[PDB]
A.B. asks: 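Structure of benzylpenicillin (bound form) bound to beta-lactamase OXA-10 - open in front of me now.
First the proteins, then the strands, lettered A, B, ... as listed; each starts at 1. Atoms considered below: every heavy atom in the structure, side chains included; atoms not considered: hydrogens, waters and symmetry mates. As the structure lists them, so they are numbered: ligands from 1, and atoms in each ligand from 1.
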Amino acid sequence: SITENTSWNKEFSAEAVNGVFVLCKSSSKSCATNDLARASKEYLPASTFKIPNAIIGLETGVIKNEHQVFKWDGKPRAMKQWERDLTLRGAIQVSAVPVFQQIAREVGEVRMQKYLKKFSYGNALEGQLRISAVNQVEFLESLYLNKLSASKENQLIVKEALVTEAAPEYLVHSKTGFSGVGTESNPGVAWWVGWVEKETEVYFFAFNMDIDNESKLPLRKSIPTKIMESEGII
Amino acid sequence: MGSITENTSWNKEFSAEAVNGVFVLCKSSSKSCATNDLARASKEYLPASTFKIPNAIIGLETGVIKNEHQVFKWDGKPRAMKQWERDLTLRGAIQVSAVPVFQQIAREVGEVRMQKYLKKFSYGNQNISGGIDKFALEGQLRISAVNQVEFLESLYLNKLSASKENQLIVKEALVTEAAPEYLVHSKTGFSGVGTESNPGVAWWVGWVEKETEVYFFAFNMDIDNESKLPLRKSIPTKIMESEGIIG
Ligand SMILES: *C(=O)[C@@H](NC(=O)Cc1ccccc1)[C@@H]1N[C@@H](C(=O)O)C(C)(C)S1
Ligand SMILES: *C(=O)[C@@H](NC(=O)Cc1ccccc1)[C@@H]1N[C@@H](C(=O)O)C(C)(C)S1
């Protein structure tokens, strides 16, 4: 059950942004959003696909365990932070695409296909697979509860890998995504998805927006944060 | 672990704050450690609230703690610290260091089961005198800085005598700082003021995952005054900053 909240439309209007935020307490059986229509509309997952990819990599034993080191082959890559040896968390945090391209190559298209169906994930950083903000939140819940078709052990490994902010009374698991600058008529998409544990409570969130100007990128974080802080979540 | 060397240039931070204590830093890839005082690095002290680490692992391995999603319900009755007067998760109870919660956990485990596990963990001098809720805080169990890093490294590598699953749960519950380049797991401890001429102890233990490297650490100091307590963290941080680990 998803319900519409117009009280935050001042932020989207002031920033000239077309996007959607979905935030749920306890269980994804009652969520809130700024745009009902967009909440269920499906966009390219971009780098948020690293989450299911990592689970599948470990399930198939392509990634041997949590302590796996992905050696850099020494060839130039697209960004500097990727030009080094990386751990699972390292590769997820700097978002090193070639590391995860290589994992998926070994997994094979047919195996990946199957597990995705199994996870109810969705319909690459540009392909044929798309996912909604409602879909993302339902998937992240299952991961938190250990409910995915995967060993409990492997879901825990990816759960720790996704930790982005830690405090004595709250913990944040999250991942950004960004498909690239687009046209006014063919815009890119930016993502931030995750969940917050606070007190004995748990909050699931997923945000996306169109992006035709690169400098509008920080708003994928500032807007969801303005909201979540106003709710007393962080 | 593998090797240890005395590095006396760390004593600067110690003399500055008038602190009588020790710091042990180990680098995982090369199995080697550095410390400012070889002798205190080997001396055994009360584990205090660092015992919550083995206590949490055993709590799970025996069914007493059901899983990672269990809530420890407050009865509405006043507790020794304001911080403790609420329902806590496993991470919650560990982060605010809620003594009565882990004492109840210890009670349910039992005398014989608690012994058997500390044996397999190689935890300290292995003794549980005074009562089944007294030994860690003010009893007869003792452990050294060197022993703490050995214990913590086993846990990191999932090598302790428990399920991988359970070792992972406690590992997440111990996360205290998170940046894009590094992640810190840690726990504090503090026995009390003791007396003048017979002080109490304060600990900081953990490990830092950073790049492909991992760094285990343990710190402890003599303490008789509560105002010195922040130093249990500010000194080890200083040492680790100048070595380019955190911050
Ligand atoms: C996931 O989207 C990844 N993005 C790309 O590889 C496309 C791209 C777009 C602009 C510049 C370079 C590459 C990685 N994840 C994002 C993100 O998390 O924001 C990066 C921009 C780090 S690349
Ligand atoms: C672990 O040592 C715990 N310490 C005690 O319960 C002993 C104590 C000392 C003074 C007053 C009351 C109880 C926990 N660790 C410390 C700490 O982290 O500062 C606490 C005082 C929070 S209890």
A.B. asks: Around benzylpenicillin (bound form, ligand 1), which other chains have a heavy atom under 4.0 Å away?
C.D. replies: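 By letter, the heavy-atom neighbours are A.
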A.B. asks: Okay, what organism does the entry have down for chain A?
C.D. replies: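 Per the PDB, it's Pseudomonas aeruginosa.
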